[PDB]
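So, a structure with EDP-235 (bound form) in it.
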Amino acid sequence: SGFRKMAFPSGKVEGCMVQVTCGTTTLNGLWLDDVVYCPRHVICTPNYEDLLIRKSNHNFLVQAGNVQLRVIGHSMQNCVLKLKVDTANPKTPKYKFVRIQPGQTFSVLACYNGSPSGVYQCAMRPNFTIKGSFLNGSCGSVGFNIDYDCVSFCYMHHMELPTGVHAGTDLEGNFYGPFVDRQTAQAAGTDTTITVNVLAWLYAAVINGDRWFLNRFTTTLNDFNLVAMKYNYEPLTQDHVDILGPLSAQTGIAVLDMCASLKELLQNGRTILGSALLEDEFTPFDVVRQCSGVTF
Amino acid sequence: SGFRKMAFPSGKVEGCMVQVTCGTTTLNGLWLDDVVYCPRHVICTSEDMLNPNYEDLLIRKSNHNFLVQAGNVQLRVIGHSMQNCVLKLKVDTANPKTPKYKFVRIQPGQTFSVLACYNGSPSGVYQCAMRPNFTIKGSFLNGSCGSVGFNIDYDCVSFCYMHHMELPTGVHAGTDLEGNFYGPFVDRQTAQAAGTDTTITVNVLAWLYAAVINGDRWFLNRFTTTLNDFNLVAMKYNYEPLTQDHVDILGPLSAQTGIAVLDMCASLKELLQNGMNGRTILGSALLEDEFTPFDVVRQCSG
Ligand SMILES: *C(=N)[C@@H]1C[C@@]2(CN1C(=O)[C@H](CC(C)C)N(C)C(=O)c1cc3c(F)cc(F)c(F)c3[nH]1)C(=O)Nc1ccccc12
Ligand SMILES: *C(=N)[C@@H]1C[C@@]2(CN1C(=O)[C@H](CC(C)C)N(C)C(=O)c1cc3c(F)cc(F)c(F)c3[nH]1)C(=O)Nc1ccccc12
């Protein structure tokens, strides 16, 4: 029993982290095969096309611990810098690049100077920001999930907003949300609660012996959606009902019955899983992987 | 900026996890050098779990009775010895992935990362704290015994915990890497009760300093208190006593924010009497006690 904010085992990702230095700027790089992916803002003192044409291969100092890697080429893809290196990473795992949807979670391996400092779970907020923990030097730190034995890289850290939340790109350099890689005052849209994730966390509470919030009532998907609007909650789709199915069968509580419990919880407000708020940073798959004991 | 429940990168520990099987029992083992450390209850029979005689069961075991697997590589056991509640299995090959490591025994209130494993393979990593009643609030299912707790300063892995059992309340109990249980727990399937748990006061105060560092000031007040008056309050709320030693360790955080410890104590006293009134501190609607003053410094400074 027990329910914690559990990250993925970061072992496969640590073997990919390298230090990238350009001028007086030092950040992190993701070494996969013979390419090092890192935020392009490492070339700033901005016109990225201009600054990149004025760079040579040896202008980029890449370090894998104490081993200096020789840059044999460089190219830009959106907001990511791709540095071709002479040696392929022997610790390159089975990996792929994915772009996650708002509401999806991932583990962040925070790094400084190419070395991993810590690991934590994060959710891609519906306003396309992450509520992470990043200090100066953590750009290039990545977000990932693990399915079977494949690392799915979904996030690269680029910036912090004046509000304290963070923003970054997928591994193709495409920013999540309306953010740009300029050191300018940027504002995130009004954030909303990930409804399907709160429902999955309520199923995790039933699995761990918390039933006080349950009620006899059931609802329709349309009535529950009218309620979600009045509370800044993301709409619940029929697709979300299908992904909640396995958790609904394991507890014997229909999704629309748990929706009537969530409606009641939102109108009145005890603790659930040691929290005094409705937690939205656990997907239905996060609940299954923790409560079923999925390994990697 | 930002404040999260941050675990240590588990890479160095994943390379040490092996699967240990004894009879019909399968659990996790920690492979360091040519020794595999695991909970000794792996030698218990499904029938006699209440009062096993470990010295008696270990004398009737041979090296070939222990099946150790490192992924797909079966390791040959060349010897076996018992140290308190841990079983140490001498193996023929030294772990090539053995990191720089040491064994430490933590004090209640201290935090650490838990690499949860099943069948020798890592499932997940979370942050934990040694509760004042000597239990941990882990997330563990059957087959998780042998999973370890660790801290990684510089490049050395401090192994401080090995998972052994779950108590009827859903909390967990285990040993240090010398096999000494934390608390009054024994490795038997006998009726065991953890004492009434209490809140780690110094950790809540450190987390309040982390909130000021991250721009949360709503809970602050002009009042100050004495250490003795605050301690009378802590009792009325099931909080552990705040000692002068705790004031000293909180010093660096107090100097970085300019808020005296006894002033933050008057804010905690106020927070305990009213609550949150709908407000949140660092995204939590409760007073968090699982961050030591050193965890706050690690995360906020680097
Ligand atoms: C990456 N190495 C660091 C880590 C940091 C963001 N970051 C950057 O390099 C950012 C690059 C820009 C996208 C060009 N960066 C400097 C910012 O995001 C940034 C700078 C400021 C301010 F000066 C003021 C401000 F109000 C603001 F919102 C800013 N954002 C990160 O994740 N956290 C952090 C803290 C301190 C310095 C750097 C970074
Ligand atoms: C380790 N492989 C598993 C994981 C589990 C505890 N655990 C054990 O093997 C424990 C060994 C004892 C110390 C001999 N174990 C069986 C328990 O701690 C245990 C068994 C029971 C009960 F039958 C009833 C009960 F009320 C109780 F509190 C028990 N504790 C773990 O951490 N969580 C878990 C869940 C289910 C099975 C095993 C384990």
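Letters A, B, ... label the chains, following the sequence lines from first to last. To match the PDB entry, the residue numbers of chain A are left as they are there, and the shown ones run 1-45, 52-275, 279-305. Residues displayed in chain B correspond, in order, to the PDB entry positions 1-302. Both ligands and their constituent atoms are indexed starting at 1 by order of listing. Method reported for this entry: X-ray crystallography, 2.0 Å.
- Here, the chain sharing the greatest number of close atom pairs with EDP-235 (bound form, ligand 2) is referred to in UniProt as 3C-like proteinase nsp5.
- The letters of other chains with a heavy atom under 4.0 Å from EDP-235 (bound form, ligand 2) are B.
- Under a 4.0 Å non-hydrogen cut-off, the residues that form the binding site of EDP-235 (bound form, ligand 2) are B:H41, B:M49, B:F140, B:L141, B:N142, B:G143, B:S144, B:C145, B:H163, B:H164, B:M165, B:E166, B:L167, B:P168, B:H172, B:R188, B:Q189.
- Summary of contacts: the protein heavy atom closest to atom 29 (C) of EDP-235 (bound form, ligand 2) is B:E166 O, 3.6 Å.
- For atom 15 (N) of EDP-235 (bound form, ligand 2), the protein comes within 4.0 Å by no heavy atom at all.
- At least one N or O atom of B:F140, backbone or side chain, sits closer than 3.5 Å to an N or O atom of EDP-235 (bound form, ligand 2).
- Residues of chain B contacting EDP-235 (bound form, ligand 2) are concentrated in UniProt domain Peptidase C30.
- For EDP-235 (bound form, ligand 2), the closest UniProt active-site residue in chain B and the least heavy-atom distance to 1 Å are B:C145, 2 Å.
- Looking only at heavy atoms of the protein, atom 22 (C) of EDP-235 (bound form, ligand 2) is closest to B:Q189 NE2, 4.1 Å.
- Counting protein heavy atoms only, atom 37 (C) of EDP-235 (bound form, ligand 2) is closest to B:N142 CB, 3.6 Å.
- The covalent attachment site of EDP-235 (bound form, ligand 2) is B:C145 SG.
- Every atom of EDP-235 (bound form, ligand 2) is numbered from 1 in the order shown, and the set under 4.0 Å from a heavy atom of B:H163 is 31 (C), 32 (O).
- For B:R188, no nitrogen or oxygen atom sits less than 3.5 Å from a nitrogen or oxygen atom of EDP-235 (bound form, ligand 2), counting backbone and side chain alike.
- Taking every heavy atom of B:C145 and a limit of under 4.0 angstrom, the matching atoms of EDP-235 (bound form, ligand 2) come to 1 (C), 2 (N), 3 (C), 4 (C), 6 (C), 7 (N), 8 (C), 9 (O).
- Residue contact check: B:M165 has heavy atoms under 4.0 Å from atoms 6 (C), 13 (C), 18 (O) of EDP-235 (bound form, ligand 2).
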